[PDB]
Amino acid sequence: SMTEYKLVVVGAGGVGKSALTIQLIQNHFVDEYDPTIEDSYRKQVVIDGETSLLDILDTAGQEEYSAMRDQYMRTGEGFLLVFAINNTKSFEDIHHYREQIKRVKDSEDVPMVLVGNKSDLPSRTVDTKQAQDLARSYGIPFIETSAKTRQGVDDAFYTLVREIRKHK
Amino acid sequence: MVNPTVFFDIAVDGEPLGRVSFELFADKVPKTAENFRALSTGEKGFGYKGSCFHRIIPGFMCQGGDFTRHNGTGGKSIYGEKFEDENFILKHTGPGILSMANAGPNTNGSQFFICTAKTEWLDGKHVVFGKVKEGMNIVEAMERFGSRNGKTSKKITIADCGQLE
Ligand SMILES: CCn1c(-c2cc(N3CCN(C)CC3)cnc2[C@H](C)OC)c2c3cc(ccc31)-c1csc(n1)C[C@H](NC(=O)[C@H]1C[C@@H]1C)C(=O)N1CCC[C@H](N1)C(=O)OCC(C)(C)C2
Ligand SMILES: Nc1nc2c(ncn2[C@@H]2O[C@H](COP(=O)(O)OP(=O)(O)NP(=O)(O)O)[C@@H](O)[C@H]2O)c(=O)[nH]1
Ligand SMILES: [Mg+2]
């Protein structure tokens, strides 16, 4: 059977984790805010000529439950670190998510992709330069996305799969 | 000055389940209690009648009250789309507590939740404004239609609601 990849989407509340996942799975854009408890999805794709089954865990940004993430971080194989380009706080929260994943998995070599979402909005507060520099310091790719226009949606999930393949 | 009582007649896939009544603590949170009362009578031309309990998580709570979009994201108060946190005097002490759902500070609309356990970590973040008076066993019966992430397996609706004398 095709290889399965356990992908986890993390980041602050409201940054577009669910909008990105639903765009990937269902090819439409949720414009309303339905804050997530926890949702799981599956999709088969072809990446670099190899068919793969994506198991996607869409997590809660709700920050009062930060002490509840260890088990899904242990299980997950790769992580989309999502911030919104118009929310500097969500960009600052990224370091905390990466540190938590590295700590919980007790490893410096965890597949991750930095995702700056909402790239369709004019109210940018996070420079592309700041995001690229951060991802360069983490040694991970950086993808700019819009769940509204679908820009970069496939690229972000497919790049994470490529990171996981390199890790095996 | 007597706290009002309101009722929900609950249905499961359209079949009657039973009645839950609530005391509303108008003596401590009058603005929030009045919102829920008016939405339960429908007297403003809109309210809870016919809406669903869209999120039921066994061991924690039953949440409902989105009568504007019927998908868990909507709802509105009698004061405008949202209104402020009136106070946090009352706490989430155990099963039966009736409290406002929200999307952060000062975003109360119509969505609410009924605790099925003590949820003290919500103290100071959600406005408690009432308690189940009769029919807690109806709320207990609603839990089996829920799940870990709150998705329901049958349609749990407020078939009828109003104020008791
Ligand atoms: C970590 C996983 N998780 C969990 C969680 C927490 C625990 N423990 C915490 C306490 N310790 C001591 C023991 C372990 C155990 N198990 C789980 C669940 C079962 O694991 C899957 C919760 C939760 C809530 C949100 C996101 C993730 C979440 C969330 C996401 S939006 C939210 N809250 C607030 C919510 N706004 C809305 O709906 C807005 C849209 C409308 C207008 C809201 O006003 N209300 C009312 C109050 C209840 C709340 N909804 C809700 O549903 O709470 C679910 C609950 C299970 C109670 C908490
Ligand atoms: N313009 C624009 N809006 C977006 C984009 N992605 C998400 N949004 C909007 O931002 C809001 C929150 O999105 P959502 O995907 O629910 O965010 P989340 O990260 O899953 N939130 P939570 O952590 O509570 O589950 C919604 O109104 C959604 O439509 C995007 O790329 N562009
Ligand atoms: Mg979400």
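In what follows, chains carry the letters A, B, and so on, assigned in the order in which the sequence lines appear, proteins first and then strands, with residues in each chain numbered from 1. Order of appearance sets the numbers: ligands from 1, and atoms from 1 within every ligand. Side chains included, hydrogens not; waters and symmetry mates left out as well; all remaining heavy atoms used.
- By its PDB name, the drug at ligand 1 is daraxonrasib.
- The chain with the most heavy-atom contacts to daraxonrasib in this structure is named in UniProt as Peptidyl-prolyl cis-trans isomerase A, N-terminally processed.
- Other chains near daraxonrasib (heavy atoms under 4.0 Å), by letter: A, B.
- For atom 13 (C) of daraxonrasib, no protein non-hydrogen atom is found at a distance below 4.0 Å.
- Heavy atoms of B:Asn102 found under 4.0 angstrom from daraxonrasib belong exclusively to the backbone.
- The PDB entry identifies chain A by the name GTPase KRas.
- The shortest N or O to N or O distance between A:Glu38 and daraxonrasib is not below 3.5 Å.
- The nearest protein heavy atom to atom 2 (C) of daraxonrasib is not closer than 4.0 Å.
- Within the 4.0 angstrom cut-off, atom 39 (C) of daraxonrasib has one or more protein heavy-atom neighbours.
- Counting residues of chain B in contact with daraxonrasib, the top UniProt domain is PPIase cyclophilin-type.
- According to the entry, the source organism of chain B is Homo sapiens.
- At least one heavy atom of B:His126 sits closer than 4.0 Å to an atom of daraxonrasib.
- Comparing heavy-atom distances from atom 58 (C) of daraxonrasib across A:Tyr65, B:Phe60, B:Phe112, A:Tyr33 singles out A:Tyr65 as nearest.
- The site surrounding daraxonrasib, defined by heavy atoms under 4.0 Å, contains A:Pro35, A:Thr36, A:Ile37, A:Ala60, A:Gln62, A:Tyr65, A:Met68, B:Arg55, B:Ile57, B:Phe60, B:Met61, B:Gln63, B:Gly72, B:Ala101, B:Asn102, B:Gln111, B:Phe113, B:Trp121, B:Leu122, B:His126, B:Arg148.
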For daraxonrasib, list every N/O pair with the protein closer than 3.5 Å, one pair per line with the distance.
{"residue": "daraxonrasib", "atom": "36 (N)", "partner": "B:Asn102", "partner atom": "O", "Å": "2.9"}
{"residue": "daraxonrasib", "atom": "38 (O)", "partner": "B:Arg55", "partner atom": "NH1", "Å": "2.9"}
{"residue": "daraxonrasib", "atom": "38 (O)", "partner": "B:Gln63", "partner atom": "NE2", "Å": "3.0"}
{"residue": "daraxonrasib", "atom": "44 (O)", "partner": "B:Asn102", "partner atom": "N", "Å": "2.9"}
{"residue": "daraxonrasib", "atom": "44 (O)", "partner": "B:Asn102", "partner atom": "O", "Å": "3.3"}
{"residue": "daraxonrasib", "atom": "45 (N)", "partner": "B:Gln63", "partner atom": "OE1", "Å": "3.3"}
{"residue": "daraxonrasib", "atom": "50 (N)", "partner": "B:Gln63", "partner atom": "OE1", "Å": "3.0"}

